[PDB]
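Drug bound: amikacin. Macromolecule: Bifunctional AAC/APH.
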Amino acid sequence: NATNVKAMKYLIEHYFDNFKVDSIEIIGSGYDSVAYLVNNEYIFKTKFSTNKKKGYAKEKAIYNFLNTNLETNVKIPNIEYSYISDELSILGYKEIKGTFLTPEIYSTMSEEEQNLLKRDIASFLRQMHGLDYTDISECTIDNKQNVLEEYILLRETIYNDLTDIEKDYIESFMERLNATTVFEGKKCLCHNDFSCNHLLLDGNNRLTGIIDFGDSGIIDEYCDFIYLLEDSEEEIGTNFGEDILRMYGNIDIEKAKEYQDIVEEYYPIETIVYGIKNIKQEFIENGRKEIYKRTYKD
Ligand SMILES: NCC[C@H](O)C(=O)N[C@@H]1C[C@H](N)[C@@H](O[C@H]2O[C@H](CN)[C@@H](O)[C@H](O)[C@H]2O)[C@H](O)[C@H]1O[C@H]1O[C@H](CO)[C@@H](O)[C@H](N)[C@H]1O
Ligand SMILES: Nc1nc2c(ncn2[C@@H]2O[C@H](COP(=O)(O)OP(=O)(O)NP(=O)(O)O)[C@@H](O)[C@H]2O)c(=O)[nH]1
Ligand SMILES: [Cl-]
Ligand SMILES: [Mg+2]
Ligand SMILES: [Mg+2]
């Protein structure tokens, strides 16, 4: 563990001239990134060359747009340090203090505390979804079209070596993709990874901050409800997302659920595709196995 930290301490001090690292520890990690807490005060998100090429660039542009344009008491990252190159990206900002929302914590809250948190969330999403996004119009994401392109990449690579059961799962998804209407609604700026491990609470169990707008863009309004609607051990549950949808208002709940259900069905294929693009066999295997788990669950 000691070695990662030394290397990143060196890089931080090297690229940010007057910055002195008195302490540094690993605070989280993704498949291709590592985040560090520095001087018990700064978060530094870091990445070495992936399929970002412009990964931390977009994320930084989104923080800069949001810090200019949001009116909210909810805190988000405000970038003070950035280094962006092809081979290395680093973003630093002051750590937002608080406690991440979990299902356990939620279950200890009174009904009223739960209501007020749901309202805070609905309010934040209403404010962000309502922004005029002209000044960030580069950050458009078309999920349907992305899936089509990923399907083509599958066809060009490993599709012919998949099993019949795997192929059928994929084709059955594509048929559903082609029949759905859930990509034809309102587009807006969405966080696009809006799960409870990105939501911070203050000492009264109210929403105090939101992190990791790394996947944000102009996309279907339904996107920001995918995790709030998810029924799993990591998320609070379907009722939570429904109530939030009612508070948010002017949105078709049944289509939001259809959108989540389609995204969930896509997951094993998304996983396979990630493995192909990043040359990681392990993801290809995991996604294929998951197709069997889902096929046999009923
Ligand atoms: N950054 C590390 C965060 C941690 O690894 C994590 O929570 N990682 C995430 C764990 C989730 N169980 C995965 O699945 C999530 O999304 C699926 C659809 N996208 C849902 O059907 C699923 O029900 C949900 O659970 C999710 O895809 C993982 O997301 C991570 O990988 C995605 C690529 O697939 C990226 O796009 C995300 N930015 C990143 O958070
Ligand atoms: N308390 C607190 N924790 C934070 C803050 N920013 C980051 N973290 C912590 O660091 C972890 C990683 O941050 P995050 O932005 O989600 O990055 P990532 O998802 O691992 N990487 P990427 O977004 O490049 O794929 C978070 O899960 C959380 O543990 C912050 O402002 N406050
Ligand atoms: Cl495999
Ligand atoms: Mg994250
Ligand atoms: Mg992220």
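The numbers used for chain A are those of the PDB entry, and the residues that appear cover 182-479, in sequence. Any value given below was found using the heavy atoms of this structure, including those in side chains, with hydrogens, waters and symmetry copies removed. Whatever order the structure lists them in is the order used to number ligands and atoms, beginning at 1.
- The ligands or chains that make up amikacin in this structure: ligand 1.
- The nearest UniProt-listed active-site residue of chain A with respect to amikacin (ligand 1), heavy-atom distance given to 1 Å, is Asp374, 3 Å.
- In terms of protein heavy-atom proximity, atom 39 (C) of amikacin (ligand 1) is closest to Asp374 OD2, 4.0 Å.
- For atom 14 (O) of amikacin (ligand 1), the nearest protein heavy atom (residue, atom name, distance) is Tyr448 CE1, 3.4 Å.
- Proximity of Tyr408 to amikacin (ligand 1), defined as any heavy-atom pair under 4.0 Å, is confined to the side chain (atoms from C-beta onward).
- By the definition of a contact as any protein heavy atom under 4.0 Å away, atom 4 (C) of amikacin (ligand 1) is not in contact.
- Checking atom 17 (C) of amikacin (ligand 1) against the protein gives a heavy-atom contact under 4.0 Å.
- Contacts with amikacin (ligand 1) closer than 4.0 Å are made by no heavy atom of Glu415, backbone or side chain.
- Atom 30 (C) of amikacin (ligand 1) is flagged as protein-proximal [any protein heavy atom, distance under 4.0 Å].
- Regarding atom 28 (C) of amikacin (ligand 1), its nearest protein heavy-atom neighbour is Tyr212 OH, 3.5 Å.
- Backbone and side-chain nitrogen or oxygen atoms of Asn378 are examined, and none is located within less than 3.5 angstrom of a nitrogen or oxygen of amikacin (ligand 1).
- In this structure, atom 35 (C) of amikacin (ligand 1) lies nearest to the protein heavy atom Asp396 OD2, 3.9 Å.
- Close N/O approach between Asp393 and amikacin (ligand 1) is not found [any backbone or side-chain N/O within under 3.5 Å].
- Annotation: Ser210 places no N or O atom under 3.5 Å from an N or O atom of amikacin (ligand 1); distance criterion only.
- For atom 12 (N) of amikacin (ligand 1), the nearest protein heavy atom is 4.0 Å or more away.
- By number and name, the other ligands or ions lying nearer than 4.0 Å to amikacin (ligand 1) are ligand 2 (phosphoaminophosphonic acid-guanylate ester).
- Of all the atoms in amikacin (ligand 1), the ones that sit under 4.0 Å from a non-hydrogen atom of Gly211 are 1 (N), 2 (C).
- Protein heavy atom in closest approach to atom 34 (O) of amikacin (ligand 1): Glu451 OE1, 3.1 Å.
- Remark: among candidates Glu445, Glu446, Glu411, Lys226, the nearest residue to atom 23 (O) of amikacin (ligand 1) is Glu411, based on non-hydrogen atoms.
- Binding site of amikacin (ligand 1), heavy atoms within 4.0 Å: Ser210, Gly211, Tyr212, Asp374, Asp396, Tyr408, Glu411, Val444, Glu445, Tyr448, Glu451.
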